[PDB]
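Each chain gets a letter, A, B and so on, in the order its sequence line appears, and its residues count up from 1. Just follow the structure's listing: the first ligand is 1, and inside any ligand the first atom is 1. Computation of the quantities below employed the complete heavy-atom set of this structure, encompassing side-chain atoms and omitting hydrogens, waters and symmetry-equivalent molecules.
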Amino acid sequence: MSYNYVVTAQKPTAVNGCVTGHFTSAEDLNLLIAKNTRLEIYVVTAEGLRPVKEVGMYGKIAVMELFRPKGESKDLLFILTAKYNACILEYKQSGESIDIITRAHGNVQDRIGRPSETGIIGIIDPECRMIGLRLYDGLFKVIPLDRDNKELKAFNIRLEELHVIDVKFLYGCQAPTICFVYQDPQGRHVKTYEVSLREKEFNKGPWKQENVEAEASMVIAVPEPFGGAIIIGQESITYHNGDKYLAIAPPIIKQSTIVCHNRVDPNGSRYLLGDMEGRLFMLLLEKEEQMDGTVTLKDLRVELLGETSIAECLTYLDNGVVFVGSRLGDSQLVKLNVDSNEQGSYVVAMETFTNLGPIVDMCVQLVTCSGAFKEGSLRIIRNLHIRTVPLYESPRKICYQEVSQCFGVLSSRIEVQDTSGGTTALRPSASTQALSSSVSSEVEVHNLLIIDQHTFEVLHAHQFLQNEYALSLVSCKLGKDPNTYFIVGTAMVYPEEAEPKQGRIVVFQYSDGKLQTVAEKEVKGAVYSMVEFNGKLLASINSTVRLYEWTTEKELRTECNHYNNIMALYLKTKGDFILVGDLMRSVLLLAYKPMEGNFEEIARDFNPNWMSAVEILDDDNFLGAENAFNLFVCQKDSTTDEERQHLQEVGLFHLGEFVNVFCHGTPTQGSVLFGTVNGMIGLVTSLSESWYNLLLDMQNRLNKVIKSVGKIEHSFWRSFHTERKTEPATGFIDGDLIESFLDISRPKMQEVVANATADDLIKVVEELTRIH
Amino acid sequence: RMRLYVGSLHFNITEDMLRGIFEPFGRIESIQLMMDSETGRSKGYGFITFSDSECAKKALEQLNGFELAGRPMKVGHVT
Amino acid sequence: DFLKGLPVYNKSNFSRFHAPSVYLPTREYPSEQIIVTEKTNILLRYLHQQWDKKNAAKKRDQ
Amino acid sequence: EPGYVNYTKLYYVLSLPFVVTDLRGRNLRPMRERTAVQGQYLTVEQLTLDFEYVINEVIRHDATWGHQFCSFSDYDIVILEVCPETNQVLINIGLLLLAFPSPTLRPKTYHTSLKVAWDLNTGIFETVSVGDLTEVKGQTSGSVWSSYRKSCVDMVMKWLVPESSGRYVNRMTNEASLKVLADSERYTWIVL
Amino acid sequence: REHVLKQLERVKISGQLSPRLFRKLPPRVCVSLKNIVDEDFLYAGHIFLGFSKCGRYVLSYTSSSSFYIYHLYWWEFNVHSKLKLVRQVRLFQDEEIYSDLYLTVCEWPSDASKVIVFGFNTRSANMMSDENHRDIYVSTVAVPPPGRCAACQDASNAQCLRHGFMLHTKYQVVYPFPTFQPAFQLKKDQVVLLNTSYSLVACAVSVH
Ligand SMILES: O=C(NS(=O)(=O)c1ccc(Br)s1)c1ccc(Cl)cc1Cl
Ligand SMILES: [Zn+2]
């Protein structure tokens, strides 16, 4: 049996959402930041952003909206988690005491219904008549906001439009009205429906359905006096309001997709727009006062403000200060000013907030491949001290070569098809600014970077072939050859085909500041993963795992193959044992048979799992991380050949993060570090039967004392969950929960340890805090 | 003894649905709704083979040009 | 060209230049309202809704 | 308690007729007897719904044209919905009947539809819709059942909401014909 | 069209990996039936039906012969590896069928322990083909155990009741012949709704 302990070394750093409003007090202008499970509450003060409280929710924050129903002195908060836990929260301060009140809560999951492509959408009516949720295709959930009733009886309305892109509640409406963009075989369209609480149905919307741009992706509900809606596409921006229809096709927006917006002015005269390249625009709604008192929209205009971090979200604060919430790079505070600088930009960075995510690969001190595109960096983490090395391109894989005192980093840069010749770089980056460079004998240009272990200076950049993608990387010694090499696994990616049918294994040696090609081996697919395996090279090509021998003639010679795979994306080895991770087909264990010079399929996990990362804990325990944000531990079944050929899932735990990399690096045994998409860094370790038993009893006791915001059960949160099944967590201890025992008051500690002393457990929890 | 062509069908109309709609007219020997091998879904066409020719004739007379879902069905003959 | 005159909630807020504590809810639980979902199927709800309105249209004449 | 419902329960260890067996051929042991503790036993249940009773009950109490009714001939039952969380079966009842028309006499053949919700916990049905009496003039028996099923198909398509990958009813059948056998979730095909 | 490597890159930076994204790309593996089928079952003439909901098994049937005898098979699938027979059951026990049935094998939404075989003939017989009557044959078969089963281990192909039972039934239908509605008939996880023309029967089988 397997017993494990999971703890957080570094909390998620990517920002998934940010809202402004008056939550703490009617006077305070607040900033609320959502970092997966984390909710940060701030007061916009004279000094700029005063932290008040950070609350960890027992769920992944999917909806975060402030709303003020009539009769409230301050805004209430609506939160919906990824596991569909819905709550309405109220902030209460009594002198020095701070408490978050759960006004209403419940689970709004439907057993039927398939999760939507553009995901969970949570919208609140401007007049606070109801909450609207788009969770599944074909259904629209309505939570009536009524304060004079025991329960908020939520119902579903059928939506004929099964593919909705975005939806919002309109302003200035006598009847609650939803405005949405949907897709059908005839293209994209914009439609409106009135929502009837009385009849539990939709009624004909105020205005006519209109056809829109094929890539129309977002709806902005414009407040009064304008009213109506703004729809943002790839090439155009349109305004709709009954009879009114304005359309602008500014060439400035064509290059990159707009992915976020924020209302600057309360009347919606100005909006901030953020795109995929990090560009910041100002959308201007020019008004015209009518003689009858009403105000109509005369024209739309877009102006490029400058560049910020690639924004996931934007929030205007006060006095030209804007918060840039980034997912792929560092978050910022930026200042907007009327007079342009040396480059002509109106955007000036005021502060930078370190974001480790996405951690695509890492090394063990921890060294990660962080961020993406212009935000791409390396992050060096130690006891936490963080050093950031900008690359201005996407780092993909990392390896350390001790003998060369450097790191091998695979990277990709974006180049554009110009008038003359081939392609040209749009921005200088690590691969184009190396000390020396070589070449192999919009588009992605792949490179192997040799970066100095001390200064992190780009010593050499080796550019791979036209259309060649570098997928895997290893630094090792092979056979009886004394040399240490940088080995790269590639794939030929053409703009005609879908799957790679060609690739290479390239053996490089770094000497005298240059990279020399020692050997090349052609393969008939993508080299997804490579591991050094007992002085041999273990590589996975498409659906085949292959073992190569390195000859005295400096050539790779195929020894054996295993073909029973769908997509062998992940490889890990311990001794003669191989743990293969499949993107679609769960995990499997192989054994190399020295005597037979071939592989033997030992056992497979017959469970359906879409894998993201795999690790070998020990000879008998295998750790898996999948697409549904869960961890699971496989074990060899401890009489018949078929019984031994079946891996058993003995550990289940809902992590709440997407793990891209696992690496190894008395109470607990073993130390496996993991890097996630949200920049969270965690640690997994093994426990004895008796250590697990004591810590499990401690969790059940802690859960009776520690209260949850939104009243989400800890057990529900950590329950293994997929679209297929929901099961209670097993053989896993939440280190975060047990560590929180040291933070509760002494009178509460005694009630937790009631029939063991508080000091017995204090000594236990304190030695557990020393594992990270 | 008689085969018909059924076309202009909605992509979600199943073989079982076609059997239910056509069976009241007469005994059916074989029904084969044509499917796409790549992205497994109905091609919108098929063949229904009645045991009786006069039973197949009445099925055509009563179903050809009439809307099943919102697409007007096309029932015809072969060879 | 058109950027000037940005929203001012308070002049003080960013004038002074720059460069949270974890909430562990203690044993206290005051809550009075729950969120529930409609048990009945939407097709059945609609048919029930139409048939019940038809019964009311029969009671008005009789 | 109602006359339209019939429930039967039978236990087994190593109205429709059942030939419950093991994987070899032994007909097991048909009983209701005592086998203390959950020591592996089979449980078969059978809840029946007499259509002819339902039809007569809904014509009698819930049809405005109920007084005009004489007798019914054939009937076709099509399931419109199954709600597993509320254990409710929505059935549509297609009906060929005989009735007198409006006071505008002579008895005529008509066609109508009866929607009825059947509770599986209680066994009790509840009527949700009673169709109008539409005359069958010169259209055959096959013509009327084809038009009826087309209307059911029409309605279920109209109310069709996509389900999650893993609540799907797998249905497999090969003629002797299939070209490929696909494993959807793992993008694997067996080519025949 | 989107390249698989381009789709994979998006996953690593977004943390969004789902099948409803790889929807429009070709199959990752194609295997021909002839290369994975055991040659000893050539002179048997199996009719392959497809995969079980979990890609572990691939099912097939046999229509052996005056009467017809039906058999349902469970084959262990492992990509390129040959298929291994796990279960072979005799469908419609002590039932004599005088005509080739159009059979369908179904699986419940969340119940992986059982399967349902619905077979029916084009028209019934009373040797001579009888109109206005049709025979429906339905069998509920327990699937093989997923792992080590403690009750199965107790033997003297001995399999416990939970992982080794079979249920059979047969009913005659009249005109208009009831519609086959497999998605609705098996929407409730342990029930089969059977339209016998005269009544609808809710049929639940469960092992405790
Ligand atoms: O229900 C049918 N077939 S089914 O597989 O149970 C299924 C349910 C829902 C969908 Br969508 S498909 C079906 C069959 C025949 C006739 Cl006449 C009408 C229908 Cl509605
Ligand atoms: Zn068993």
Subject >> Chain with most contacts to ligand 1, per UniProt >> reply: DDB1- and CUL4-associated factor 15
Original post:
Which drug or drug candidate is found at ligand 1?
Top reply: tasisulam
Original post:
If a contact means heavy atoms under 4.0 Å apart, which other chains contact tasisulam?
Top reply: B, D, E
Original post:
If you take every non-hydrogen atom within 4.0 Å of tasisulam, which residues does that pick out?
Top reply: B/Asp16, B/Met17, D/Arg149, D/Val153, D/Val156, D/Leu160, E/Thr179, E/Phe180, E/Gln181, E/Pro182, E/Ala183, E/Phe184
**OP:** Tell me which UniProt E7820-binding residues of chain E have a non-hydrogen atom under 4.0 Å from tasisulam.
**Re:** E/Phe180, E/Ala183, E/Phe184
Original post:
For chain D, what name does the entry give?
Top reply: DDB1- and CUL4-associated factor 15
